[PDB]
Amino acid sequence: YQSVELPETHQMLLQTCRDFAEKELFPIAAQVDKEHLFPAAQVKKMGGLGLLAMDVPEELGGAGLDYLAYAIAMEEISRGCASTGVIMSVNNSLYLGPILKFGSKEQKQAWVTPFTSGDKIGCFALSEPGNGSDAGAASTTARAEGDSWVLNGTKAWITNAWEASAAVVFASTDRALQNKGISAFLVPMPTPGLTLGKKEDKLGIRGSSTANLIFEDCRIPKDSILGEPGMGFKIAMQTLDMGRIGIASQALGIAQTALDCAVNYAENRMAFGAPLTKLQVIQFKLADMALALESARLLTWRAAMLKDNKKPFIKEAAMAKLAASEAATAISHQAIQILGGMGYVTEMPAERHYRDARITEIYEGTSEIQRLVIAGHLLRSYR
Amino acid sequence: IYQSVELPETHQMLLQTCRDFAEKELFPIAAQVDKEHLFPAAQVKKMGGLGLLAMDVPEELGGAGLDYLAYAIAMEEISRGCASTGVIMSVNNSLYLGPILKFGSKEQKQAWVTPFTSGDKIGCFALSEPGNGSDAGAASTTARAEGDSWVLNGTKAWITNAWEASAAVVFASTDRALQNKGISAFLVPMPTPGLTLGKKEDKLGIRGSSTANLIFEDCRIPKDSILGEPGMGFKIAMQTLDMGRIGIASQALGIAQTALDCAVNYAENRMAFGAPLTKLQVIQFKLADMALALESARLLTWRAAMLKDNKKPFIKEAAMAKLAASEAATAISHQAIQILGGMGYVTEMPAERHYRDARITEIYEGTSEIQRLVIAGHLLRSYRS
Amino acid sequence: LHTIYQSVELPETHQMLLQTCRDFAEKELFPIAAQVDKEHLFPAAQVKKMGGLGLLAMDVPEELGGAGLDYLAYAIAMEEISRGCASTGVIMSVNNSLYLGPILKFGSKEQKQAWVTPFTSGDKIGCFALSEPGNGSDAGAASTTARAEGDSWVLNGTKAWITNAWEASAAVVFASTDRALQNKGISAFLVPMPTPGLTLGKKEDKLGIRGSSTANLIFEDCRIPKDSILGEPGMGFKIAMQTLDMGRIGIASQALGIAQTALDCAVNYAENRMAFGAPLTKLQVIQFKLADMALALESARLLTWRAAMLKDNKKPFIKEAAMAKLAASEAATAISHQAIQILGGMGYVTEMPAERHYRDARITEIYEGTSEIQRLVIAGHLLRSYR
Amino acid sequence: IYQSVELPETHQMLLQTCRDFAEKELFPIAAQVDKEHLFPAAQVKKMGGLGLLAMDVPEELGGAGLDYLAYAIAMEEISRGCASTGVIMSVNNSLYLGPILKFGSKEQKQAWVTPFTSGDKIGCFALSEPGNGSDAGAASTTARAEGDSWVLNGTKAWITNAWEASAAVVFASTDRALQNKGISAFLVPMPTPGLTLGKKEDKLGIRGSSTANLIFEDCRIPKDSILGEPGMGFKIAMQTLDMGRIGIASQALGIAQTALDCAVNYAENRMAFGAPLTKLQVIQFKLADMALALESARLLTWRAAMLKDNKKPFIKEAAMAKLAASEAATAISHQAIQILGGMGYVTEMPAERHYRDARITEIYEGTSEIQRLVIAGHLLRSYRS
Ligand SMILES: Cc1cc2nc3c(=O)[nH]c(=O)nc-3n(C[C@H](O)[C@H](O)[C@H](O)COP(=O)(O)OP(=O)(O)OC[C@H]3O[C@@H](n4cnc5c(N)ncnc54)[C@H](O)[C@@H]3O)c2cc1C
Ligand SMILES: Cc1cc2nc3c(=O)[nH]c(=O)nc-3n(C[C@H](O)[C@H](O)[C@H](O)COP(=O)(O)OP(=O)(O)OC[C@H]3O[C@@H](n4cnc5c(N)ncnc54)[C@H](O)[C@@H]3O)c2cc1C
Ligand SMILES: Cc1cc2nc3c(=O)[nH]c(=O)nc-3n(C[C@H](O)[C@H](O)[C@H](O)COP(=O)(O)OP(=O)(O)OC[C@H]3O[C@@H](n4cnc5c(N)ncnc54)[C@H](O)[C@@H]3O)c2cc1C
Ligand SMILES: Cc1cc2nc3c(=O)[nH]c(=O)nc-3n(C[C@H](O)[C@H](O)[C@H](O)COP(=O)(O)OP(=O)(O)OC[C@H]3O[C@@H](n4cnc5c(N)ncnc54)[C@H](O)[C@@H]3O)c2cc1C
Ligand SMILES: OC[C@H]1O[C@@H](c2ccc(Cl)c(Cc3ccc(O[C@H]4CCOC4)cc3)c2)[C@H](O)[C@@H](O)[C@@H]1O
């Protein structure tokens, strides 16, 4: 259930991840951001704990957990480091997720199992320079020739691009079929015909890598296709439905640690004779931050539990992602404000939380796309 | 319409029963109840027969033996039908029966609970006074012991069901020098010598409910009319409001849900620039924000109910739910008017009523500002723990 | 005319006009506002007194019986009057901007003498019939028609939502003279009330501005003289739009009055209500609400005065009038909502005026183009500016 | 662009001169200034030669002989180009020269204003301390009289231009018993014996300005370094802040404008779903809301500037301008990032920088919370008149 008693596997998992975060991520979070340093040693240890492959079956090397467990772990990890959070989220939902749900027995053996322990991680390449929200406009092409698919085109904004050893790539096998002409492919990295673009210099989550995947006469075997030709758009969308629960959970952790920072500070900063928490406006700020965060967690857990129970969860996932991301930006903004001048400098982690929060309103579907998704499903329920 | 969580089949069936009752008995009368300020007597009687006026009361006392999750679901479905009918039911459940269940004697429960579980008699809750609402502990109505009697003097203000209730849980200071350790709770019959009703308030909304002062002038009641012991009245009132706030949260969910229902149905059939309003992206975004606000507040509300059912602390969670639901009901009913356009402003559509009805949920059983104080205090305590 | 500095200190004539309308509102309007609302009573005697003061024809030349003032003066007066009574404000705003406005701007000298002059003294007022039951936000979709027949036009169709419908003696009516031309096939017509062919619909029962009448005008083969057309055929769409640009300044000013009187009520109440041992104004949350109310009100007024002065200075003001109407209308609802909240229980009942101010404010977000329409207007003109 | 009712020809030409300077000298360096946290010395010197560092300063003292309306327009156009350059400029104008001009002697103006009007030397303003920024009056840095000199002890905090300034206006307590009324203001050369600079702060934004503590240890200055009489320090600080808040409001206007500039050009040239972004209703509504927030905040700002120019009271008005402009800058820069999508999160575009620069305007020269307190105080005092 929801806060109303968690199962004890999930409660133990919560404490496990919270212990890992505070011991292994809190002391490195500031350096990862300032040095834009990929946290390889921390990622490997998380692999050992099963956090990089949580809903993956144990026979494939995964933890055998569920998406409520994933959501809890994503929050605790992201509370400690937002970049570490997104690295983990991409491996779980966006890379392993579609291969589990749509892959061959042999594709799972070759592409899931070597990516469950933290020695290798994957990435997800849907967006392109000309189109992100308009995912169905993918114009990277895949052409069948001989025993190969031949890939040509640029994918953009690919998280883990510089550290991953495989990608789920969406390319159009016939642009005239529009979002029925997209297919999904498993692409090893590195590979001939594939070049990495320059790393993006980002506002936040600076410990993750983000770079273009440039395909030029890139040949991969025919059986690299995930599913059948034309399934790619559905594969991408059902993958993002799961991924959005991950990003919602990341935002929950950014929000929680920004709120932790503000409460501790306000309890010890003195003004006009008393701690800041004696001022009414400060109490109201804290109350509204706690309300935004706790209700967005309820939405997140609802989406996660619907998925686990094999129920439709597209609208609920979108709601959780929208609510958590906007709450993470509003809470991190008010945490800066509560710190005052100290909110604006590196002596405190509030300015970093604000920068990290801002991305959760953009990737895996902007807040605008989330609102469209919610409207679409709301109206169908009334029909 | 929401697809949320794992409902027990008992509560799934209760939702359908209540929704069917509301659509069949409440929807046709909501406009008349509001426009004519008409207490919906026949429907309250019928709800009483169903167990809706005494949901959390044990069956051996005449109640339905349900839980507070069931109460929240019923309150939403009923208030969706009629916002006045909702509050009337919520007062009887949380604010009148609730404290007597939790603090009464055996003799008090069989005398003051059981006859108020079927819809032939309802009660009310009298804490606020003209000089003080939010500052509840400033109650200056007095109760003085004399002979075999308590003697009550003073005016309670804003009492919902004042003109239809047959009993009241009244809070009065047995010694004002003790401040909010000087309040006591009393069971008072209505009517009774020494008690006069003030004129009914002319309200913005919830027009079906009566609201009026209770004016005590040398009003004598039996010595054993006291609920609890002298001086625990303040805590009786606060623990009662903690439970009532889940009711008002659920009332706000109903208003919000029926305002959204109204907006969707209208936007699907109103044509503009060649097509239904639901083809306009701006209208889609309004509806999505309304659905999110509503479904968010319901999860908060259900959490507080389920927490109380599991005997866990729930003061902070009850206040969050009441706060979120009430501000959502005002926001959603505002945007439902807006989606209807000119028709949103006229009495032959229900949207302007929902907006008037919503507004009260931000005020009573503790204003939004009090809820934020309550939330902040408990949040801070949790961090010091 | 109008220096930039006059937005910061009014010309003495405008400062005098403010005090004069405020005195009038508090003496004549404050005592009756609640009655006008609860009884849905057209305030005929007060509109007459305002007509004698020039407030019903502020922009009208003195030569034609008007006050000979400008739109800055009109906005100041609309605020003070609406602070007294929101209904009286709208009634005054329709006559100034929506009825007289288009006739001064697009009429011949003959038409002004016949249709402006008898409507400048408060004995007759006008109205503006653009909306129809099937279309309020797209003016251009007028299905009411006007067909030429000899020395007459013949009007057929139902206009909807007409403020002053049950009290006006003339209407500016928009009708399609060429359906095929859509947007360029609309024309504007001066119509007498009563007149054969015209039936009034039932009055609408509304949330607020209850003192004003709102009803359909039903035209069934209704004939009017040929020179009733305002401008030339096809100009109706431009006339409606340019009229609504002026009218939006009037509605912004009405919203300012509703907001100001709601804020007046909240300050007086919070200063004299105690809680937890001190006035409400000692509570930090209350101070913040009041400050937020004042900011929203004062910036919306600066937007409104800007639009008025631009119009007075013969500059474009479509975007600026839309910003003013949008800002002031949303400020009126937010401020009136927070005034209720500051009053607590008293904010929900008729003992106090706060709940009425909430209901009155709600209309300003809808009429003369909803807030959504205002944002579309603002966006279109912002993009034109960058091009 | 926006509209204004006729600006004087003076100010129209100033706007164009300042916009030309910003687009030619500041736009090409803005990214480097931010990324390398590099003080824009050559540009500041050029601005000094134009009069921009001493705008409301009499020409006979080396200034431009302009007014605060002109200052607000120049602040906006400069900050539209570089938010760091804007604050460096705003500190010299309002925070350093302002109080010397308003409270200084003929001789103090000659020695402390004139050498700081041409960009060769700039000043700074030291009121905050590590333990108190909002609580102004709680200044624990002391200044004791020692015959014909003053001796200062204590640490001032968060001083912008600290590492580039040749003089500070420093506030220190000359009578700690007198609290609010025992503060004084002092003109301090930089560098000077007894003064040490803290390490530069590493900041979210305006990274081209320097920010550091000023540490006074037995720092001796002549007797006529005091501005005004002993005890006038708190008033000098508050009236200086009233002026500076118009400067920060204008800085925020320029950050807001350049963010909206970037979003409009981007949305007009980015396609999605077969059409430009500006064909989407939600994008149109964002842009309209950004435009409205910016233009109304500028009107509030110009009102405060003109009142000051006309020597009318302007405390509430400056606080409203600063509050509205600063919250607008954050909201507008936020929505600019959103309109750009992925491009809003990276240095390929300048939106992420604008987001970071805007954030400081809600904090310094009085947080939004303090601004609301100032507004509330003067509203109530006006009502009590
Ligand atoms: C740090 C980072 C990491 C990323 N990692 C990945 C990754 O691993 N894999 C991957 O596939 N992608 C990734 N992306 C891409 C990301 O998902 C996109 O940025 C986003 O989904 C699409 O936005 P866009 O950048 O193309 O902007 P655009 O799609 O051009 O959107 C521009 C604006 O239009 C708005 N808009 C409003 N209404 C509509 C409407 N009806 N239709 C369309 N747009 C509308 C959008 O909300 C946005 O404000 C990443 C992006 C970032 C910034
Ligand atoms: C329709 C209706 C029915 C009602 N029914 C009942 C009933 O059946 N039983 C009953 O007992 N009561 C009832 N009430 C009373 C109701 O609960 C009060 O109206 C409410 O608690 C607030 O009290 P007040 O009216 O005294 O406002 P005030 O307490 O005077 O409050 C005024 C303003 O100050 C604010 N404020 C107060 N204290 C603080 C603080 N410490 N910090 C910050 N802000 C503060 C408030 O939030 C509010 O905005 C009813 C009220 C209404 C309107
Ligand atoms: C009290 C009152 C008095 C009135 N008085 C007058 C009068 O004197 N004269 C007169 O001519 N009219 C009058 N009206 C009509 C009024 O101007 C219209 O109500 C209003 O403009 C909206 O039209 P509508 O009611 O048809 O709503 P609709 O146009 O149906 O709009 C419904 C919803 O869709 C939105 N919408 C519509 N078009 C678009 C679009 N393109 N993009 C996005 N959203 C859109 C709207 O904003 C609204 O939320 C009055 C109305 C009222 C309530
Ligand atoms: C980049 C930068 C440059 C600066 N430059 C200068 C400079 O040149 N000169 C200078 O003198 N200072 C300067 N400052 C200091 C700046 O003005 C202060 O940081 C600011 O006024 C807030 O004070 P504080 O940092 O001590 O925060 P605090 O006062 O500790 O504020 C903490 C929080 O409590 C709130 N709060 C405080 N008091 C109250 C109250 N009474 N009621 C309600 N809420 C309250 C605040 O609004 C804030 O949210 C600078 C700061 C920064 C970040
Ligand atoms: O990410 C997805 C997009 O990114 C695009 C992109 C767009 C404009 C520019 Cl100008 C650039 C150059 C650059 C500059 C600076 C860089 O590194 C440091 C140095 C200083 O600060 C940062 C790296 C790259 C790249 C790709 O071209 C596009 O196809 C993708 O849609």
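Residue numbers begin at 1 in each chain, while the letters A, B, ... track the order of the sequences. Order of listing sets the numbers, starting from 1, for every ligand and every atom in it. The analysis underlying the following values was restricted to heavy atoms, covering all of them including side chains, and did not include hydrogens, waters or symmetry mates.
- The chain forming the most contacts with ligand 5 in this entry appears in UniProt as Short-chain specific acyl-CoA dehydrogenase, mitochondrial.
- At ligand 5, of the options sunitinib, nimodipine, empagliflozin, vactosertib, atirmociclib, the drug present is empagliflozin.
- By chain letter, those with a heavy atom nearer than 4.0 Å to empagliflozin are A, D.
- If you number the atoms of empagliflozin from 1 as listed, the ones under 4.0 Å from a heavy atom of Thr347(D) come out as 21 (O), 22 (C).
- The single protein non-hydrogen atom nearest to atom 25 (C) of empagliflozin is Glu348(D) OE2, 3.3 Å, given as residue, atom name and distance.
- Near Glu200(A), meaning under 4.0 Å from one of its heavy atoms, empagliflozin places the atoms 1 (O), 2 (C), 3 (C), 4 (O).
- Protein heavy atom at the shortest distance from atom 20 (C) of empagliflozin is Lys35(D) NZ, 4.0 Å.
- Residue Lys198(A) has at least one heavy-atom neighbour below 4.0 Å for each of these atoms of empagliflozin: 16 (C), 17 (O), 18 (C), 19 (C), 23 (C).
- Empagliflozin has no N or O atom lying under 3.5 Å from any N or O atom of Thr154(A), backbone or side chain.
- For atom 26 (C) of empagliflozin, the closest non-hydrogen atom on the protein side is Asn212(A) ND2, 3.3 Å.
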